[PDB]
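Section: structure with cephalexin (bound form).
Lettering of chains proceeds alphabetically from A, tracking the sequence lines in order. Just so it is clear, chain A uses the PDB entry numbers, and the residues here are 61-209, 235-589, in order. In chain B, numbers come from the PDB entry; the residues present are 61-209, 235-589, in order. Every number for a ligand or one of its atoms is a count from 1 in the order of the listing. Note: hydrogens, waters and symmetry copies are ignored here, and every other heavy atom, side chains too, is used.
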There are 2 protein chains.
Amino acid sequence: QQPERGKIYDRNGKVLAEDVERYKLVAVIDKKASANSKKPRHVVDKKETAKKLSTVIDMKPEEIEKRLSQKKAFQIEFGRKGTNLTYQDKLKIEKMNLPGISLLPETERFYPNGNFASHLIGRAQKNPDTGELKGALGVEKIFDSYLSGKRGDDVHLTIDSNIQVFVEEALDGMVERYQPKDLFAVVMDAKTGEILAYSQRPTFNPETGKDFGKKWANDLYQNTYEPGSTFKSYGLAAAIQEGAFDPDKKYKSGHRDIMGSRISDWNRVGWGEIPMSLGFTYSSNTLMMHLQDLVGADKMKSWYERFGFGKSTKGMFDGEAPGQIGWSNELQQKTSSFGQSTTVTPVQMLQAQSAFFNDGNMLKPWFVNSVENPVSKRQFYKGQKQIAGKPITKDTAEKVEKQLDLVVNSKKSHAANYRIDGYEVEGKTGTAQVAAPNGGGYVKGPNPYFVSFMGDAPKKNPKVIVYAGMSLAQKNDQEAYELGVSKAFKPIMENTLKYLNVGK
Amino acid sequence: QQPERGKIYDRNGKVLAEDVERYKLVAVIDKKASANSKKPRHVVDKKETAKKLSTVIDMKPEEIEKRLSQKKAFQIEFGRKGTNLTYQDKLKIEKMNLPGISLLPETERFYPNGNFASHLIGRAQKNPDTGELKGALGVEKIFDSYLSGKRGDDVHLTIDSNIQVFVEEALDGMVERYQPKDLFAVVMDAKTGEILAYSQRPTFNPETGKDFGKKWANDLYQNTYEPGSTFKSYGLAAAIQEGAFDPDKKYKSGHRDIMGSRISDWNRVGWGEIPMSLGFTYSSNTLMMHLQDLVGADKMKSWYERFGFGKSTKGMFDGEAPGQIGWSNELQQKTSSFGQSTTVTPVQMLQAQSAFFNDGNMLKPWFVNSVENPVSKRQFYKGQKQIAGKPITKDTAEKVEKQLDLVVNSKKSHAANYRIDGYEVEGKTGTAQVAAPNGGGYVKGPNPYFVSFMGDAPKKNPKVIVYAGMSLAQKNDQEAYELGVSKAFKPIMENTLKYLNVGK
Ligand SMILES: *C(=O)[C@@H](NC(=O)[C@H](N)c1ccccc1)[C@H]1NC(C(=O)O)=C(C)CS1
Ligand SMILES: *C(=O)[C@@H](NC(=O)[C@H](N)c1ccccc1)[C@H]1NC(C(=O)O)=C(C)CS1
C-alpha cells in the first residue's frame, strides 16, 4: 500500500498534520452474494438497514433506501457521508450486525487543529485509486517529496501553537467587526527571525477542505501590498544615517507640488514650521518627501534596496513575490517615501524592521525548523538565525527606535489606541490606499484603506515583532480608519508577552 | 494590474484557455452617496431592487434583501452568485436603472470547451486581491511561469479538438453504462508519438471548478496500473527476439505451480498441447510463464527495462510516476509476465507499444507542440518526435504485429467485439486484478477487473494507437468483463480513422 506520509509538527512537538485511519461504509445489495452461504451476505431488509444506518451516518432513511435500491449494481456507497468515518462509528455499525454491511479502512490526512495556520501548513489531497497523498499548498506542497515515502520524513515548524491560538482568535474578531476583503497577522521572535505564529483571512480549513482553492495566495510570502506609512521607518533610517534627519531641526510642513499634483499632510494645511521628530509622530507625508529631497533620489533607491525591498527574501515558501520599488518618475519616488506605488511582501517588512532591534542587522525570517526522518534519524535540514544584511549602523537603529517609541507614546501621539496596559509598546502605523485590480486607479469609498501596524514590545528591547494588516473593511470602515488593527495587535501582543513570561 | 495570461491552444489553433472579462455586481446602500446629487446614487427601494435583481442572479430576494440590509456598510457584494457575470447579464441589470447598482469588470480564466481534456489542460486559480492567476494543475501549472507575464507566452498542444470530442463522448458513454471507479482513453499518432486526444473519468470542469481537487492524479502520467495481459506483448517481443517463441511450436497449457501457488489459464483446464500462436490468441498465462522459463529471469528483467518500464519517460508533465518492475521472487516475476505485480503508467505502455510500428524504435510520447510569445515572436520551446530507444529489431516488430493481428481476427479469437466495420483493427486485451488501496490484497468481487485494450488501426501500418482502460465497474460489471473497453475503443477509433481520411 502507501508509505505513511511524514508529520508536520510545531516547535513544541505538537502534531499539526498526520496520517490516520478512517473508514468507508460499503453495502452489498445483490442477492447473488448470498447464494452459496448459510447466513445472508447482502442487505435483505432495505427499510430496517436504512433506518438503522441513519443512526450513525448523516443521511435520512429515505435517501439510504434510495441508494440501496439502485439496479445492475453489486455494491453501493453513500457519498461524502459514507466515508471519513471514525473508529467509533465503525463499532456502532458492526454491533448492528446488518447483513451486507461492512466498513473498509482508508487512510486520511488529519489536521488536529482544524482551521489553524492554514495558509502556512497547507493541504494534502488524496488520489482515491491508490491512497497516495500529494500536498497542494503550503508546507505539505513545498516539502511533499520529503513528507512522502518506508516512511516519509517529518517537517518541524517554528510555529508555537499557543501563540497561534491568540492570532487565530484575534483574526476571527477582526472579520466579525470589519468584514475585510483581506487580513493577516504575524508574530516574529525579534532576536531570531523565527515565525512564532501566522494566519490570514479569508482562509480555508485543511481538515474538511472548506474554501480550499478560493484564494491560493499566502499573504506572508506571495501577496503584495502598498504598505503605507509603515514604510516610513526605512526612509527615516536612511535619512538618519545620511545626516539629513535631525529630530529638532524645523521644516516647512503643509504640502509639496509633485509633477502638478498636490501631496498634502493628512490635515491638508500642515502645522507650519515644526521639528522633524514631531512630523514623524504625526506621520507627516511632507517630512518624508523633504527627507528624500535631502538624501537624493538615486541614494534613496539604493537605501530601499539595501533594506531588502524589490527582491525576494529567499525563504522556503514557493513562489515568493519580489515586490517592486516604484521609482519610474518623481511622483512614484515621492509617493514611495510614504509607502505608496512601491509594493512589498509582509515578510520583507519583517526583515527590514528587524534591523532596528539587532544593531542594524536584518534577520532573514524563517519558519522551518527541521526536516528529518524519525526511523533512520537522518536530519536533512535545520533552520537557523541568519543575517540578511546590515544596512544601517547600531547608532542609526537606536535613533530610529526613539521615533518609534514616540509614535505610540508622545503626548501628541495619534496611536494611543495601540497601547497595552502593563506593557510598553512601540511601532509605526499605516493607512494606505489600495489599487483597484481592474480600473487603473485607487479603490474609492469613504475609507478605502489598508490599515496596518508594525509593532514590537517591550520597547527598545522587544521579544517579538507583530505585523498586522487589514485591507478594505466592508463593515465599520469608519472604525477601521480610526482604530487600524489595534483590536488585533493588543490581544495578540498582550497574550504573547504573557505566555512568554515577560513581566507587566 | 495583471498582464494577460497567455493562451492554451490545440494543434489547429483553437483556444482551450484564455483571459476574458466578466463582471461583479456592486450595490451602494448608504444614503450619503446620494446626498449631493439630485437623482439617488444609492439603493433607495431595497425591496424592489432585491426582487428585480433576483431575475439575473441565482439568489432569492429574501436573501438579497438581507444582504442589502446590513448595517455599518457602505457597499455590498453578493458572494459567488454576484460575480462571474456575463456581458449579457450586465446589460440586463443596467437596463433596470436600479439606483446604487453598478457593474465592475473582472478578469476571469475562460475554458471555451468546459469539461474538455480537463486533467491535461488543468485550471488556473484567481487571487481576488490582485487578480493574479496561478495554474493549479496540468498545463496551466507546468507552464505557469511562461503563461504568466508585458503579456504571457502561449502554449500550443498537440491535442486535436475534433478527436478529443470523440474521446469525451465515448467516456461519457462508459460512465453512464458502467460507473467505473477509474477510466481513461488516449489517442496517439502511431508514427510521431503526438498525443492527439486524452481524457479520464472522473474528472473536473476547468470553467466552473466543479469537482476540482477531488482527484489530483493525471491518469496518463501520474497514476499507476497493473496493466494485465496488455503487458504480454513485451514478453512476446522478448521471446521472439531470443528465439524462444516459435508461432507453431507446441507448449503444455493448463497451469504452472509457482512458489506453492497454482496459476492457471483462464479456463482452469487449458487446451492440452497447443501452438504458441494460439496461446497468445487465447491470452494463455502459462505460455508467458513458459516463455519466461525459456528466456531466463534475469534476461527478462533487462527486456522489460529496455522497453522503458520502471522509469519515467521524461515527459513534460509534473510528477511523472516511474512504475516498478515486480521482480522480488519467482511469483512476482511470473505474474509480471502477464501484467500483474509490475505497475506501469499508460504513457509507458504507449511508448513501448509504438516499437511494433516503427521498425522497433520506441517513440517518446509528447503533447506540447510549442511555447512562444505572440508579441515578440520568440519561441522558447518546440516539440518533436524523439526515439526513446530501439529495444527490438524490425523483424521482431513485424512478428509481434502478426500475433496482435491474430488476437482480434483469428477464427478462434476471443476479442471480436473490438472489430469495426470497414477498418482492419488489431491490438491486445487485458483483464487485470486491482490491488486494494488500503489492505494487502486484490479487490474482491464478481468481476473486480481493470479491463483494457491496446489497439491500433489500420492494422500493420496504423495511423493512431488507442489505449483505453476501465477500473472496477460498479454498474454492469458482468458486461464490463465480457466487452472490456470495446464500447469506447470502437467509437473512438472509428471516428478518428474517418476524421483522418482513412479509407473504409
Ligand atoms: C501613511 O500611511 C499615511 N497615509 C496617507 O497619507 C493616506 N493617503 C491617507 C489615508 C487616510 C487619511 C489621510 C491620508 C498616513 N499615516 C497615517 C497613520 O499613521 O495611520 C494616517 C492615519 C494618515 S497620514
Ligand atoms: C490478462 O489480462 C489475463 N488476466 C488474467 O489472467 C486474470 N487473472 C483473469 C481475469 C479474469 C478472468 C480470468 C483471469 C486474461 N486475459 C484476458 C483478455 O485478454 O482480456 C482474459 C479475458 C482472461 S485471461
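The chief contact partner of cephalexin (bound form, ligand 1) in this model is named by the PDB entry as Penicillin-binding protein 1. Other chains, heavy atom under 4.0 Å from cephalexin (bound form, ligand 1): A. Residues contacting cephalexin (bound form, ligand 1) within 4.0 Å (heavy-atom distance) are A:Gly313, A:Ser314, A:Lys317, A:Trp351, A:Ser368, A:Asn370, A:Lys513, A:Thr514, A:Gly515, A:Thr516, A:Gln518, A:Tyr534, A:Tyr566. Close approach of cephalexin (bound form, ligand 1) to A:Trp351 (heavy-atom distance below 4.0 Å) involves ligand atoms 13 (C), 23 (C), 24 (S). Set against the non-hydrogen atoms of A:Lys513, the atoms of cephalexin (bound form, ligand 1) under 4.0 Å away are 19 (O). Between A:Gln518 and cephalexin (bound form, ligand 1), at least one pair of N/O atoms sits closer than 3.5 Å. As deposited, the model links cephalexin (bound form, ligand 1) by a covalent bond to A:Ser314 OG. In terms of polar-atom proximity, defined here as any N/O pair under 3.5 Å, A:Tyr566 makes no such contact with cephalexin (bound form, ligand 1).
Residue A:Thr315 places no N or O, backbone or side chain, under 3.5 Å from any N or O of cephalexin (bound form, ligand 1).
Of all atoms in cephalexin (bound form, ligand 1), listed by their number and element, those nearer than 4.0 Å to a heavy atom of A:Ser314 are 1 (C), 2 (O), 3 (C), 4 (N), 15 (C), 16 (N).
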